[PDB]
Colleague: 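Quick one: the structure is below, questions incoming.
Chain letters run A, B, ... following the sequence lines, proteins first, then strands; residues in each count from 1. Read the numbers this way: they start at 1 and go in the same order the structure lists the ligands and their atoms. Per deposition record, electron microscopy, 4.4 Å. The structure has been trimmed to a portion of the entry, and contacts are counted only among what remains.
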Amino acid sequence: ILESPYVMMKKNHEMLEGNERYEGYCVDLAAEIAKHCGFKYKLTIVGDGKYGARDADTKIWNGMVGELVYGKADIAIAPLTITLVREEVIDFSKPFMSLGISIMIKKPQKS
Amino acid sequence: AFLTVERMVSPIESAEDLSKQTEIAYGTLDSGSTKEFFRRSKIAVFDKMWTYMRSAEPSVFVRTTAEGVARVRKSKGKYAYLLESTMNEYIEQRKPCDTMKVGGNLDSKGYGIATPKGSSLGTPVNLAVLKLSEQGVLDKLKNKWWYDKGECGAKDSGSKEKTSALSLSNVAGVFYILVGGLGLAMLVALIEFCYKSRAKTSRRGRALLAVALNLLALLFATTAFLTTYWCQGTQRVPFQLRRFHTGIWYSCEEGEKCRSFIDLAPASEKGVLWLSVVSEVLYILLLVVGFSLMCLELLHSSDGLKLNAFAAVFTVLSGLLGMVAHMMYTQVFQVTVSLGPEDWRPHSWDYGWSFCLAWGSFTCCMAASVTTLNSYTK
Amino acid sequence: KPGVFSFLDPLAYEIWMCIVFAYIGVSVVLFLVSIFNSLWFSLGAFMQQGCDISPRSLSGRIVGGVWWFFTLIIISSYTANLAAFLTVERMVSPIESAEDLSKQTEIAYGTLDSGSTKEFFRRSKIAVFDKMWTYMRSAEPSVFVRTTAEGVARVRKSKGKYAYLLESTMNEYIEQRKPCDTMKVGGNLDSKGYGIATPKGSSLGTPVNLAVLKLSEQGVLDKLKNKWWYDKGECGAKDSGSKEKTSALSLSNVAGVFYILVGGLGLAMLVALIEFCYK
Amino acid sequence: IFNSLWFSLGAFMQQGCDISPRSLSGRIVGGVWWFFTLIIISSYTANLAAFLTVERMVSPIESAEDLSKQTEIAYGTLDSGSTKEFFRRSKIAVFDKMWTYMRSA
Amino acid sequence: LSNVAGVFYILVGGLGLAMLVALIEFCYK
Ligand SMILES: C[C@H]1CC[C@]2(OC1)O[C@H]1[C@H](O)[C@@H]3[C@H]4CC[C@@H]5C[C@H](O[C@H]6O[C@@H](CO)[C@H](O[C@H]7O[C@@H](CO)[C@H](O)[C@@H](O[C@H]8OC[C@H](O)[C@@H](O)[C@@H]8O)[C@@H]7O[C@H]7O[C@@H](CO)[C@H](O)[C@@H](O[C@H]8O[C@@H](CO)[C@H](O)[C@@H](O)[C@@H]8O)[C@@H]7O)[C@@H](O)[C@@H]6O)[C@@H](O)C[C@@]5(C)[C@@H]4CC[C@@]3(C)[C@@H]1[C@@H]2C
Ligand SMILES: O=c1[nH]c2cc(C(F)(F)F)c(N3CCOCC3)cc2n(CP(=O)(O)O)c1=O
Ligand SMILES: O=c1[nH]c2cc(C(F)(F)F)c(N3CCOCC3)cc2n(CP(=O)(O)O)c1=O
Ligand SMILES: O=c1[nH]c2cc(C(F)(F)F)c(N3CCOCC3)cc2n(CP(=O)(O)O)c1=O
C-alpha cells in the first residue's frame, strides 16, 4: 500500500518503470529479501487501498490479505499489523518493527 | 503567582494524565483498530479514556489521519491525538513540525512480513527478518526513512531547551520606554538652551487658558454623559451573530435598535450606582462653580486671585469625584460582567469611545490647575 | 551542589549584561546638567541610596526618573523568579539519549562484561553506538561489571557519574526495587523481543503461537505486567513522585556573592594605593 | 570608627546616609556592602514566600485514597479484628493498595 | 480591582480630611 515513508511515489515515476517507480522503507526491504532469498520481485499497489480486513457479511478478505489468500499476490512487504485473525488465514514472519499507540500533542510554543 | 504556576504545570506524558485531566481533549480515528482497542480494553485507565471519548461532545474522532493532525494544530495543544508511533515519528519530522510525540507506547503491536499460508518462501523470509534485525540494517533504513527523510532535524529534537530561565525578551517592552524617554528628554534640553537665549500677558494669558481647558473639560464630561457605545457587545454564535453596542446608560443593540436596560441587579450594587450618579453630578456641578468664580476673574479682567484660590479648590474637588465616578462605573461594569450581563455580555469587551475622552476632561481640570497656581505666585 | 554561577539563576546571563549596558548609557546625560561624576550618580539611581545631585525640573529629572522607575521593576521580578525556583524545584535529569553519552564524557557508562549487549556495541555499525563502544573499550577503569547487581551498585556508589546499560523490562523492575535511587531514562536503543519457544516441529508450536496473539490482543499480558512490575513494585511511582516537602535556605547560594564581596574590596585597595601616588 | 558606625547603618538595608564619599574609593566601599545587603533580603523574602505557600499548599487528607496516593503519613489498624480483616478481604483497588502497604509496612 | 478599591476610600478620605485641616489653620493664623 502507498504509505509514507514505507511505499511512496517518485517525483519522476513516469521517467522510471516498475519497481523503480516506488520508494520508501519497505521498498528497500524488498531489495534485501531478494538479496537474501534470490528472486526477482514485482511491487504491486493494492487495488482497493485496504490493508486486508475481513468482511463480516461475506467473510471475504479484502485488501492485501485478499490478494494473498486468493492467490492474487505472492508476498506482502507492507505495514501490516499482525493480529490473531490475520494469522488464521496467512502466515506472518517475525515482526521487524515493534510499535504501539502513541500520544501526539502539540510542541511547546516559542512565543 | 505567574512564574510558579507556569512552572508548576507539567506537560502530559502518559495517557493516565488524560484519565486525570480533562482540559486537553484527545481522540483517535473515527474507524480502526485503535478506536476498537479502547472500545475493547479492560484496563481501567484505557476504559476511562474510552468512557470520555464516547462522551466527548464535540466528537474527538476525526475522519482522516491528517484531520487529526490539523485538529491538534488548530486547537493549540488543548486537543491531543492517538496514532501509530512509527507514523507519529514521521509526521513529527514533517513540517510545520508543531506537533510532537510524548510518552511510550500504550500497547505492543508489530509490523511483520506476511506470506500466503503454506508458501515455500515463508521460512527463509522469516529467517531474513531475524538476519536484518540482527544486523541493524532495518534500523539503518529507519534512520534513512525517518531521519534522512526527516525535514526537522535528525538530532535537532534534543535542541529544545528544557526548563531554562527568564527571557531577555520579557524585558524588551520596557527598553522602548527607556530609550524613548531619553530621546524625548534630549528635545527638552536643547530647546531650554534656547529658552535661556531668546529672552501683563504672562499671568493673564495663562489664566485664560485655564478657563479654556475647563471648557473642554465640560464638553468631554457631557460626552461620556451619553456614550455612543460603551462596549461592542459580541455574542457572535456560529444560533447567529450578535453585536450589542451599549452606551453608558442606554443599552443599544444592533437592523438598528436601541434600548435603555438601565440599573441592573443587585441591590448593594444599586446603591453603588445611586452613589455613582452622585459622583457624576458633583463632578459637573463643581465645574460650574469653577466657571462662575473664573467669570469673576473676567470681571477682574474687564479679591481676584483670592477667589481664584477658592476656585482652584472646587475644580480639583470636581475632578477627584470624577476619579471616583470613573471608578464607580467601570468597577460596576466589571461587576456586571461577573453577573454575566443577562443576555448582553461582550466577548469583544472593550471600553468605547467617550470613556477615553472623559479621561481627558480630568487632565484638563488639572492642567488648568497647574497654571492658575502659576499665576498665584505673583 | 550550588554555588557561584548558581546564584545568578533567576535573571538570565544576557539580562545580566544588558542591565549593565543600559546602565552606563544613562549617566552621560546627567553630566550636561552641572561622564566623570554621574557614573556614581547612576549608582545613586541604581536601586536605592537617593543621590545628591538633583537635576531639579529640567530633562535630567525625566532621565533621573525613568531609569529609577526601570530598576524598581526588576528587583521585584528578580524576587518573583527566585520564589519560583525556591518553591517548584524540578530536578531535571542531565541526559536522555545515548547520543548524549557520545557527546559527554563526565558520566561514564558500561554494560555487563559478557553478553549480547556488550556484543551489540562490539558489532554495531551506527556511529553513535560505535563511538560508545570506542569509549568503553578505552574506558580505564573498566566500566564493564561482572554481575548485573554490580552494575546496580556501581551506579549507586558513583552518584550519577556512572551510567549502565541493561534490558528495559529488568530496568523497570530494578527501578521498582528499593532504595529506588536509580531510574530508567530514554527509549530503547534497539528492538528485542521475548517470545515463547518450542522445539522445532512440535505440534504444540502453532496454537501456542496463536495463544500469544490472543493474550497480547486482550492485554492480559499487560495486566500481568501491571501485576509483576507495579503490583510487585515497591516504589509506587506517582506515590513516590509526590514526596518532597522540605525547607530553609542553603549557604552555597549566598557564598557566590562573597567572592564578589571580598573581590570588590581587594580590587578597591589597589585603587586607593595608586591614587595615593597619583596625588 | 566613631561616626561611620551609624553610616554603616545608613548602608545597612535602607535609609540612604548623608555622608557621601563622592567618587573616591569610599564610593566603591559604600556601593558593594550596599549591593551585598540587598541580596540577603530579597532571598529572605523568596524563602519566606516559599514557606507560607507550601504551608498553605499542603491540604490535610480527608479520604483514604490520599493514603493510597501519599506515603509520608503512615496508617494502620488494630493487629487483630474485622477491620484488619476488611482490608485483607477487600477487592477495591484503593483498599487493596492500602492493605498492600500495611502488609509491607 | 476591588482589592485595591478598599485603599481608594482611605486614599480619597485622607485627602478630604486634610482639606479640613488646611482651611482651619488658615484661620488659626
Ligand atoms: C471475482 C472473484 C471474487 C473472489 C473469487 O471469485 C471470483 O473467489 C476466490 C476463491 O477464493 C479463489 C481462490 C481459492 C483458493 C485458491 C488457492 C490456490 O493456492 C492453493 O494451492 C496452491 C497453489 O495452487 C497454494 O500453494 C501453492 O504455491 C505455494 C504457496 O506458498 C505452495 O508452496 C505450493 O506448494 C508447493 O508446490 C510444489 C513445490 O514444493 C513448491 O512450488 C511449493 O512449495 C503450491 O503450489 C502447488 O503445489 C502442488 C503440491 O502441493 C499442488 O499443485 C498444489 O498444492 C496442493 O494444493 C491442494 C489444493 O487442494 C491440493 O489438494 C494438493 O493435492 C496439492 O498438493 C499447489 O497448487 C496453496 O497454498 C493453496 O491452498 C491459489 O493458487 C488460487 C486460489 C487463491 C483461488 C484464486 C481465485 C479465488 C481467490 C477466487 C476469486 C477471487
Ligand atoms: O494492518 C494495518 N496497518 C496499518 C498501517 C498504517 C500506516 F501507519 F500507514 F502504516 C495505518 N495508518 C495509520 C493511521 O491510519 C491511516 C493509515 C493503518 C493501518 N491499519 C488500520 P487500523 O485497523 O486503524 O489499525 C491496519 O489494520
Ligand atoms: O536469551 C537471553 N535472555 C536473557 C534474559 C535476561 C533477564 F533480563 F534476566 F531476563 C538477562 N539478564 C539481564 C539482566 O541481568 C541478569 C541477566 C540475560 C539474558 N541473556 C543473556 P545476553 O547474551 O546478555 O543477552 C540471554 O541470552
Ligand atoms: O461486633 C463487634 N463490636 C465491636 C465494638 C467495639 C466498640 F467500639 F468498643 F464498641 C470494638 N472496639 C473498637 C476497637 O477495638 C476495641 C473495641 C470492637 C468490636 N468488634 C471487634 P472487630 O473484629 O475489630 O470488629 C466486634 O467484632
Colleague: What is the name, according to UniProt, of the chain making the most contacts with ligand 2?
Modeller: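 The chain with the most contacts is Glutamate receptor 2.
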Colleague: Wondering which of ZK200775, R-ethopropazine, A77 1726 shows up at ligand 2 - can you check?
Modeller: ZK200775
Colleague: With a 4.0 Å cut-off on heavy-atom distances, which other chains neighbour ZK200775 (ligand 2)?
Modeller: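 Counting heavy atoms only, the chains are A, B.
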